[PDB]
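Residue numbers run from 1 in the order of the sequence given. One-based numbering, in listed order, for ligands and for the atoms of each. Side-chain atoms are counted along with the backbone in the values below, which use heavy atoms only and exclude waters and symmetry mates. Header lists the method as X-ray crystallography, 2.6 Å.
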Amino acid sequence: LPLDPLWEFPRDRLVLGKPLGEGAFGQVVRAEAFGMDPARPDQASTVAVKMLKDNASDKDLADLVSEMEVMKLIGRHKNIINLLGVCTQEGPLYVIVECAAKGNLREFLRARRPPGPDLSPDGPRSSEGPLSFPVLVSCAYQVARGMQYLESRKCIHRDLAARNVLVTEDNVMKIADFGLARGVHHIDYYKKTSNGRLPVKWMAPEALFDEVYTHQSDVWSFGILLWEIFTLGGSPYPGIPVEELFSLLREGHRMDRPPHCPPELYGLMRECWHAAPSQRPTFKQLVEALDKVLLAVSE
Ligand SMILES: *C(=O)c1nc2c(cc1CN1CCN(C)CC1=O)CCCN2C(=O)Nc1cc(NCCOC)c(C#N)cn1
């Protein structure tokens, strides 16, 4: 690999720490960076490091190198996992990105579901869950903002889900893994992830049936993400096996309106799930529509 002085960071200024998980595109590892700001050489900062496994092919290297160059080109936005630096010299390939200490949005929501009535009343709010409606709207808005930026940078996140949206310490939404070479030509539509996810339930019809991805494919996926948000991490198409998902999509079946969800947002969901991709809202339109809702419920 060639030296890029613009993004190059001394590997000795990185202290790797407890792994965050591993997948087809390598492993993600939490780490501390010293002097990520060149103005303050000794200041510590908390980052995340993308790397390869011990069992990696030269294809896996090319894939990670690919993701590196993608992040170099897309630039900074508050609502995406930004590239901070890289380590390409005299050691293993480290791609240093931002950290999101609160984990992915799905787990974030599932951990903060309101207490069931089986718990005894203790305190003036003992029935008041961590998550309120305006905050849930804000999460949706932040994801839409970032996706609109990614679209303007001509980037198609072909898997957009609550699982791939990370939450910072300050409860800021950040889109992750938007530059992966996801290998769309060989998707096992039936295989379930180790945590039980069936990624096919986020795929737009033209992507699932015709292998076609556009920015409107992500708008569809964003519509599913909206469903995830207002079910507080619920699994889409509940109880429906992949085989039944196939025929239901061909009939044009859509998810019902989830409980405790206003018609304004289920409306946006159904707009994102329109058959013709040209009749789904753009990400710019989603931002504006979600903004009006957010402004309405905030005094
Ligand atoms: C940041 O590295 C970080 N991220 C996560 C956790 C902890 C930390 C760092 N950290 C903060 C303070 N605590 C007390 C100590 C500490 O180590 C733990 C929760 C989960 N984090 C996380 O998911 N970070 C994360 C993950 C990423 N990958 C997403 C896919 O997971 C494989 C990415 C990226 N990209 C960025 N951050």
(request) Look at ligand 1 and name the drug there. (result) roblitinib (bound form)
(request) Name the macromolecule with the most heavy-atom contacts to roblitinib (bound form, ligand 1) in this structure, as the PDB entry names it. (result) Fibroblast growth factor receptor 4
(request) Specify the UniProt domain of chain A contributing the most residues to the contact with roblitinib (bound form, ligand 1). (result) Protein kinase
(request) State the covalent attachment site of roblitinib (bound form, ligand 1) as residue and atom, or none. (result) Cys99 SG
(message) Hi! What's sitting within 4.0 Å of roblitinib (bound form, ligand 1) if we only look at heavy atoms?
(response) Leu20, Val28, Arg30, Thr46, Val47, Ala48, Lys50, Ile81, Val97, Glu98, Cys99, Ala100, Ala101, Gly103, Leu166
